[PDB]
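The following structure holds acetazolamide.
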Amino acid sequence: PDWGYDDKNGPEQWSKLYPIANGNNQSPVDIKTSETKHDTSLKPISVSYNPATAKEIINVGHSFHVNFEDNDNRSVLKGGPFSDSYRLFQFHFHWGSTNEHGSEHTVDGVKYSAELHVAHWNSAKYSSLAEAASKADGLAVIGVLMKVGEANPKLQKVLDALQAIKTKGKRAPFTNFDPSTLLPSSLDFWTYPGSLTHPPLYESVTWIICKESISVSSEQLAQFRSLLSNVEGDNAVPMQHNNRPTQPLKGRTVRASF
Ligand SMILES: CC(=O)Nc1nnc(S(N)(=O)=O)s1
Ligand SMILES: [Zn+2]
């Protein structure tokens, strides 16, 4: 695949290998609060995750993933703009080289420190994640903006797991964990049709952006920034940043549930 976040193979170059990069439904985007539209049809989002579905943590080089068993409908998202239930498959984070600016989505032109993404795939429609992945209604991602301030105690279990997957390709059992514990107290949101924020960049995602942010301290962020992109044994190359610049809206509408 050979793509990255460095000057050579970064976001500004992705178009070269993946034309969809210049599509009309690309993510992330800037959410202008004055132009959002209240949609009275939106229902509250309901998350129902089973902790025993947590399975492993893995270093994939450009970031780390927390994977969940997705053979059943034990952990699902429902409500919001959906008629069907979406099966949780993973959560991951996005951050930047500085503690102040590292989110993907921005609000009123304001970039936050980091962003949590909780991904699900349409089990009511497709057979597998692989199938669902390039379809318009294939994936649902919840994005939660993180703002540097006080340390957040709910992140602890994830941070301690990091020691075991220091380098690319390392993986470790990660179990008994309910990710809904990471979401803000209120679930009011913004939604728009978009895409995967990194290659292959399929325009298959229905974004759910939470209106309320959660905190994190600069030392917590420094722990993400300390993981390595190289394989074990090689020279150390830190995972400095993994966020893509915002893309043009191209006439999409950002709906508000409030
Ligand atoms: C299978 C799958 O979800 N691939 C991803 N690539 N980008 C994603 S993101 N950052 O928009 O959640 S998810
Ligand atoms: Zn992501």
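Starting from 1, each residue takes its place in the sequence as its number. So this one's X-ray crystallography, 2.0 Å, going by the header. Whatever order the structure lists ligands and atoms in, that order sets their numbers, starting from 1. Any value given below was found using the heavy atoms of this structure, including those in side chains, with hydrogens, waters and symmetry copies removed.
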- Structural location of acetazolamide, copies included: ligand 1
- Query: Of all chains near acetazolamide (ligand 1), which one has the greatest contact count, and what is it called in UniProt?
  - Reply: Carbonic anhydrase 1
- Item | UniProt substrate-binding residues of chain A, heavy atom under 4.0 Å from acetazolamide (ligand 1) | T197, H198
- Report the UniProt domain in chain A that accounts for most contacts with acetazolamide (ligand 1). Alpha-carbonic anhydrase
- Query: Nearest protein heavy atom to atom 10 (N) of acetazolamide (ligand 1), by residue and atom, and its distance?
  - Reply: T197 OG1, 3.0 Å
- Say whether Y202 and acetazolamide (ligand 1) are in contact under the criterion: heavy-atom distance to a ligand atom below 4.0 Å. no
- Check the UniProt Zn(2+)-binding residues of chain A and list those with any heavy atom under 4.0 Å from acetazolamide (ligand 1). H92, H94, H117, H198
- Message: Mind checking the PDB entry for the source organism of chain A?
- Response: Homo sapiens
- Query: What covalent connection, given as residue and atom, links acetazolamide (ligand 1) to a chain here?
  - Reply: none
- Any idea which atoms of acetazolamide (ligand 1) are less than 4.0 Å away from a heavy-atom of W207? 11 (O)
- Any idea which protein heavy atom is nearest atom 13 (S) of acetazolamide (ligand 1), and the distance to it? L196 CD2, 3.6 Å
- Message: I'd love to know the UniProt active-site residue of chain A closest to acetazolamide (ligand 1) and how far apart they are by heavy atoms, to 1 Å.
- Response: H62, 7 Å
- Message: If we set the cut-off at 4.0 Å for heavy atoms, which region of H94 has an atom near acetazolamide (ligand 1): side chain, backbone, both, or neither?
- Response: side chain
- Message: Mind checking which other ligands or ions are less than 4.0 Å from acetazolamide (ligand 1)?
- Response: ligand 2 (zinc ion)
- Query: Which residue owns the protein heavy atom closest to atom 3 (O) of acetazolamide (ligand 1), what's the atom, and how far is it?
  - Reply: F89 CZ, 3.3 Å
- Query: If you take every non-hydrogen atom within 4.0 Å of acetazolamide (ligand 1), which residues does that pick out?
  - Reply: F89, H92, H94, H117, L196, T197, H198, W207
